[PDB]
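In this chain, numbering begins with 1 at the start of the sequence shown. For ligands, and for the atoms within them, numbers begin at 1 and follow the listed sequence. Just so it is clear, the values below take in all heavy atoms, side chains as well, and ignore hydrogens, waters and symmetry mates.
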Amino acid sequence: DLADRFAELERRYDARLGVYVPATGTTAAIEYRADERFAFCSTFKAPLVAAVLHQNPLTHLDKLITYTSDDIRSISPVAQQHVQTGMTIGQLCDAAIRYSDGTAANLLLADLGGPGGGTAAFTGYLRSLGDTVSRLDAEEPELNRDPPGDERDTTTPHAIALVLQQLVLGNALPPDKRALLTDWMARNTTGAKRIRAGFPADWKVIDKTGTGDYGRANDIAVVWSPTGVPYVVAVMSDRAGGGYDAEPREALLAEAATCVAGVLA
Ligand SMILES: *C(=O)[C@@H]([C@@H]1NC(C(=O)O)=C(S[C@@H]2CN[C@H](C(=O)Nc3cccc(C(=O)O)c3)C2)[C@@H]1C)[C@@H](C)O
């Protein structure tokens, strides 16, 4: 039984696990703690890129953004190298999704603009997609640090799955912008040990991970079966029992995804 298996994983990893897969044509929704809040961590970067894409002409991707030493405040594998040159909006989107670059995310939030350095406009974008649950309150690095249970900077597996479904499978974005987002998620470098690890090789997986304090490890994905049937998979986890420095456990997400894949096969 799936709920029993997910509970077993919680005990194995001393973790809290949330899973949602929306209903499709012939499969019921899969849900485990799906309406409980979990920190976004870096998973917000996927809808952030969608918001920036939606807000601007496509060739806004070519606008050069400059930034300085004091902008590097979080894990930023790409932006750390480009303080002198700057990065275009398209380079920032690429880095935010594929390398989970925190500075890139902060600069994209500032591009979106408005109160809270763009966090309010990001939340507004989610509201426009019918998500009345999620909220972004801080930027990097603070957004990963809220204590367990705090509602700041949270989504739920259910809410983020429905947002991702609209972005990738629905009509939230026009086809050209949709393809940009999908391709960046398809080319993600950070997700091999999470949802990808749970699905057979002949299933396509595109994803955005998140990792944070209190042992937080998330992954949001769209998967496609070998015959082109898509499913959205959101897995979120934390480990409050280990305190602030608890190790995130990718293995928990790989096991949870393996269980989901067995149901979807
Ligand atoms: C956003 O959440 C966050 C950055 N994003 C991600 C992410 O996974 O998307 C990370 S983590 C980074 C990429 N994958 C590696 C990883 O998962 N390492 C890992 C996994 C499990 C345990 C450990 C450990 O205990 O050391 C390490 C590393 C990155 C933090 C920022 C922008 O806030």
- [ ] Name the drug or drug candidate found at ligand 1.
- [x] ertapenem (bound form)
Task: Chief contact partner of ertapenem (bound form, ligand 1) - name in the PDB entry - done: Beta-lactamase
Task: N/O separation below 3.5 Å, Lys45 to ertapenem (bound form, ligand 1) - done: no
Task: Test of proximity, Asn144 against ertapenem (bound form, ligand 1): N or O pairs below 3.5 Å - done: yes
- [ ] Look up atom 1 (C) of ertapenem (bound form, ligand 1) and tell me if a protein heavy atom lies less than 4.0 Å from it?
- [x] yes
Open item on the list: Closer than 4.0 Å and a protein heavy atom, does any atom meet both conditions relative to atom 6 (C) of ertapenem (bound form, ligand 1)?
Closed with: yes
Open item on the list: I'm trying to place ertapenem (bound form, ligand 1) relative to the UniProt active-site residues of chain A - which one is nearest, and at what heavy-atom distance, to 1 Å?
Closed with: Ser42, 1 Å
Task: ertapenem (bound form, ligand 1): covalent bond residue and atom - done: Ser42 OG
Task: UniProt substrate-binding residues of chain A, heavy atom under 4.0 Å from ertapenem (bound form, ligand 1) - done: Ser100, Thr209, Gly210, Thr211
TODO: Return the option from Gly191, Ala39, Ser42 holding the heavy atom at the smallest distance from atom 3 (C) of ertapenem (bound form, ligand 1).
DONE: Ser42
TODO: Please indicate, with yes or no, if any protein heavy atom is found under 4.0 Å from atom 26 (O) of ertapenem (bound form, ligand 1)?
DONE: no
TODO: Looking only at protein heavy atoms, identify the closest one to atom 19 (C) of ertapenem (bound form, ligand 1) and say how far it is in Å.
DONE: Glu250 OE1, 4.4 Å
Task: Under 3.5 Å: N/O of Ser100 near N/O of ertapenem (bound form, ligand 1) - done: yes
- [ ] Might you check, step by step, whether the distance between atom 12 (C) of ertapenem (bound form, ligand 1) and some protein heavy atom is under 4.0 Å?
- [x] no
Open item on the list: Just to confirm my output: which protein heavy-atom neighbour is closest to atom 17 (O) of ertapenem (bound form, ligand 1), and how far is it?
Closed with: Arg194 NH2, 3.0 Å
- [ ] Closest by any non-hydrogen atom to atom 24 (C) of ertapenem (bound form, ligand 1): pick that one out of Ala246, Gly210, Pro248.
- [x] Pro248
Task: ertapenem (bound form, ligand 1) binding site, heavy-atom cut-off 4.0 Å - done: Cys41, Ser42, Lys45, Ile75, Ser100, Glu140, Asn144, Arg194, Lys208, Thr209, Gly210, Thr211, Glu247, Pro248, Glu250
